[PDB]
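Heads up, this one has diazepam in it.
To find a chain, count down the sequence lines: A is the first, B the second, and so on, and within it residues start at 1. Part of the entry, not all of it, is on display, and contacts are counted within that displayed part. Each ligand, and each atom within it, is numbered from 1 in the order the structure gives.
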Amino acid sequence: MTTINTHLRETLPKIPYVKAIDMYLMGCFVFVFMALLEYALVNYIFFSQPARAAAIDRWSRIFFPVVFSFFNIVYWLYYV
Amino acid sequence: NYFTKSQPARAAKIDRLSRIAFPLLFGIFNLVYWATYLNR
Amino acid sequence: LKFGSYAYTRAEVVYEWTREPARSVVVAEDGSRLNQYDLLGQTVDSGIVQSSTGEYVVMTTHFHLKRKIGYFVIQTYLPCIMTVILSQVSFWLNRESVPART
Amino acid sequence: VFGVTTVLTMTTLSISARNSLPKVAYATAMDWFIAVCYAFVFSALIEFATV
Amino acid sequence: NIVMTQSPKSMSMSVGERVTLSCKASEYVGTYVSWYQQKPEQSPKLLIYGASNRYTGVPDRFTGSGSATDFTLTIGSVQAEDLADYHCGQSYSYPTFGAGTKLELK
Amino acid sequence: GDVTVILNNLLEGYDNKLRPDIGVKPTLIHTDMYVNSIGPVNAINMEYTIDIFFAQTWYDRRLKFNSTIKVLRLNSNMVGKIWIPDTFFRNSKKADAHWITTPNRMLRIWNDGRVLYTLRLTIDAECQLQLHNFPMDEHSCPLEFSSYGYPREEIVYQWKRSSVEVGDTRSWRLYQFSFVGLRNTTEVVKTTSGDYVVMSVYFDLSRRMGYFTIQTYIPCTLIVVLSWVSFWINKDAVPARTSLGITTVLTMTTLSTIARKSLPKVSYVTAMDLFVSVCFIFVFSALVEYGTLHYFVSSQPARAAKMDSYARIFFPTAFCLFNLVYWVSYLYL
Ligand SMILES: *[C@@H]1O[C@H](CO)[C@@H](O[C@@H]2O[C@H](CO)[C@@H](O[C@@H]3O[C@H](CO[C@H]4O[C@H](CO[C@H]5O[C@H](CO)[C@@H](O)[C@H](O)[C@@H]5O[C@H]5O[C@H](CO)[C@@H](O)[C@H](O)[C@@H]5O)[C@@H](O)[C@H](O[C@H]5O[C@H](CO)[C@@H](O)[C@H](O)[C@@H]5O)[C@@H]4O)[C@@H](O)[C@H](O[C@H]4O[C@H](CO)[C@@H](O)[C@H](O)[C@@H]4O[C@H]4O[C@H](CO)[C@@H](O)[C@H](O)[C@@H]4O[C@H]4O[C@H](CO)[C@@H](O)[C@H](O)[C@@H]4O)[C@@H]3O)[C@H](O)[C@H]2NC(C)=O)[C@H](O)[C@H]1NC(C)=O
Ligand SMILES: *[C@@H]1O[C@H](CO)[C@@H](O[C@@H]2O[C@H](CO)[C@@H](O)[C@H](O)[C@H]2NC(C)=O)[C@H](O)[C@H]1NC(C)=O
Ligand SMILES: CN1C(=O)CN=C(c2ccccc2)c2cc(Cl)ccc21
Ligand SMILES: CN1C(=O)CN=C(c2ccccc2)c2cc(Cl)ccc21
Ligand SMILES: CN1C(=O)CN=C(c2ccccc2)c2cc(Cl)ccc21
């Protein structure tokens, strides 16, 4: 995601405000970042209880694409 | 990692201490830096 | 923005502002191609330069600029903070996962 | 690490390959080749996930 | 409205001694501060036009010193003809003058 | 007025195609410079920018008038109507005068025929930089000039006693360099058209290692210490140490490549290539040492036990000794 962003930035001029494509990249980065943090949280409480860990894992497996689709529809309906 | 399997209590203590000393120190650095470079 | 006379010394050609010095250099409203800075105002002055051929009138104009931080925040200061946070998230993984934290 | 590094290499190849030609709004034949290759790499990782 | 504050409001001085007058501006006035001298029942006469430039017909004992906001007028060998009022005025904007300093002899 | 009749009487029967004393003696030209700024010294194209006020003075016995005025002070309108020497800069790649808002030239003729001609120039001069010892290097590269068509027997140049004057030296565009001084030179060079009097001004520059420091010297050393931290990691976690070493190798390569784009495509080794090369070697040696460690814990453990403890003290001392010898050897030169 960082590689993707770096390649795009060199083309555009040094403007202070946030573009729409930069907003989308920040959304995708926040999603993959929270995925890594969710793994860190599941790994922190893995030896203590496996029930809560498995519950958080199967909750992530259903609620990350739904929230991503919500963000995608809000984005493609506000910027069109 | 070097202190595990020889003194596990010390490794646990320094990982719990560095679990709270790092965000505090980074926040203090952020406050001091932005304060000294926004009021300049 | 310093301008003066070439070839005509102070005893030959002198310059002056046609209106009040605060009102002589006029910047237009829609006249700003700045992306990275912010024009705050203008400032004129008048003086004399001492050259090898005589003294010359020099009219000075200063434009005051302030750099906008909005680009450099998103370019460097927010990724640095996020990378430091990504380093600090390694402290929460278990001590039995050595390649992970490595 | 196989799957993720080949997906990274495909991403780098796609960005580094689309800068040669101008910024046309339609798909070329290199874009179709890159898209099908990216689909194959991503499909390999998804099959590993299923296995 | 650029306000010029002149100090002191009143001063006394003898003959043959150095004297220093000061003028301070609220806003920026580049080098467009002028010093006028006014004897009683007379019109003011320009002494120093601009910061540190003597007018034609002024003796070489008056000399000015300029900056962005702080301005000075110094007289050297003071004779008995410097018993007058002295005004500082800015010309960067619409002109405003100072209050004046009345030199007296004691 | 009177200046109009003087100027009209000076230009009757005047030939601007012939130098003064065309068959009598060579013309003596006194030259002055005023360096306004020395621009960026980029080493890629082996050049540097300079802005000067070039002043020439000579004697023209045809521009001699009798009047109560002593000097005619003119614009650039009359520069093309009298004889002007054909001075050109021999080591310039591109050079232009200034034309905004009116041609920045000055002509002054005196009572006895002495002409002074001044003009503002911006030169993009050429100097081959021997880029050894980079970035701890010092250069002295010139600005030369002479006449183009008139040889030594026709035009002779000569410095004054107050020839070259620099300005403030703080508003100059020297980012990576530092002005230290100058010296003038006069010589005669043989050319296919004749012998020409050439005058040179050498500017001495020294490179300040403040950008290359925080760009390469600090990060490469930090990456070396990063490779060093692998020794304190447990010898059983094999993917950890292998990944650390090879990713450290990645960082070294990327930093080396991004660091070599400052200097030109020279074929010799500099004082900057050697440093990054030795840093790469150090990272290479650390990884190959762990490789031999992992082979030797399986082959025979008596040799592989105290090898890592030896490496923990041998790698920093070797790097510190390299740094001491490198820095003294390249700061003595
Ligand atoms: C291949 O083809 C190329 C394209 O044709 C060709 O390039 C051209 O070369 C010729 C010859 O070298 C150039 O001609 C001269 O230009 C000199 C000034 O030059 C520079 O400026 C021009 C633009 O010209 C304008 O601006 C100046 C300064 O303001 C004016 O003085 C000019 O008149 C002219 O002004 C018009 O346009 C302005 C807008 O630009 C308007 O604002 C203005 O009002 C006018 O409308 C640039 O193009 C040049 O750029 C080039 O060259 C440099 C060289 O290093 C390059 O680095 C750069 O990249 C460009 O390539 C450059 O910036 C003129 O001064 C000069 O005129 C004089 O001399 C001749 C010969 O003696 C006279 O016949 C002529 O009358 C001129 O003389 C008078 O004025 C001078 C002023 O110094 C006096 O000293 C002199 O005494 C005389 O005064 C007399 O007349 C006055 C009225 O004119 C009067 O008042 C006086 O009282 C007195 O009577 C000449 O025109 C030409 O510009 C080049 N053009 C281009 C596009 O490059 C190239 O050479 C060819 N190569 C080969 C190998 O063949
Ligand atoms: C520039 O050149 C002049 C002459 O070419 C140099 O001048 C001389 O200075 C020495 C003392 O330093 C005198 O003894 C000579 O008599 C001077 N020459 C003349 C002709 O008067 C001058 O030093 C040079 N400037 C430099 C090298 O910076
Ligand atoms: C002090 N000085 C010189 O002696 C060289 N000639 C002068 C000058 C020459 C001609 C007209 C006006 C001014 C000049 C111009 C600059 Cl932009 C900076 C320093 C400087
Ligand atoms: C400005 N910004 C952030 O603050 C979040 N972290 C960064 C980052 C982190 C490391 C290197 C480069 C960039 C990032 C990545 C994307 Cl794809 C979009 C916005 C964005
Ligand atoms: C492309 N490259 C690397 O990958 C890292 N090591 C090399 C090298 C390493 C050892 C010996 C010779 C050359 C090097 C050196 C320079 Cl001065 C610039 C880029 C660069």
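Put simply, copies of diazepam show up as ligands 3, 4 and 5. Against diazepam (ligand 4), the chain with more heavy-atom contacts than any other is given by UniProt as Gamma-aminobutyric acid receptor subunit beta-2.
Within the structure, the other chains placing a heavy atom under 4.0 Å from diazepam (ligand 4) are, by letter, A, C. In the PDB entry, the name given to chain C is Gamma-aminobutyric acid receptor subunit alpha-1. For diazepam (ligand 4), the heavy-atom contacts closer than 4.0 Å come from A:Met1, A:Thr2, A:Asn5, A:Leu25, A:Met26, A:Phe29, C:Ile74, C:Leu78, C:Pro79, C:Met82, C:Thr83.
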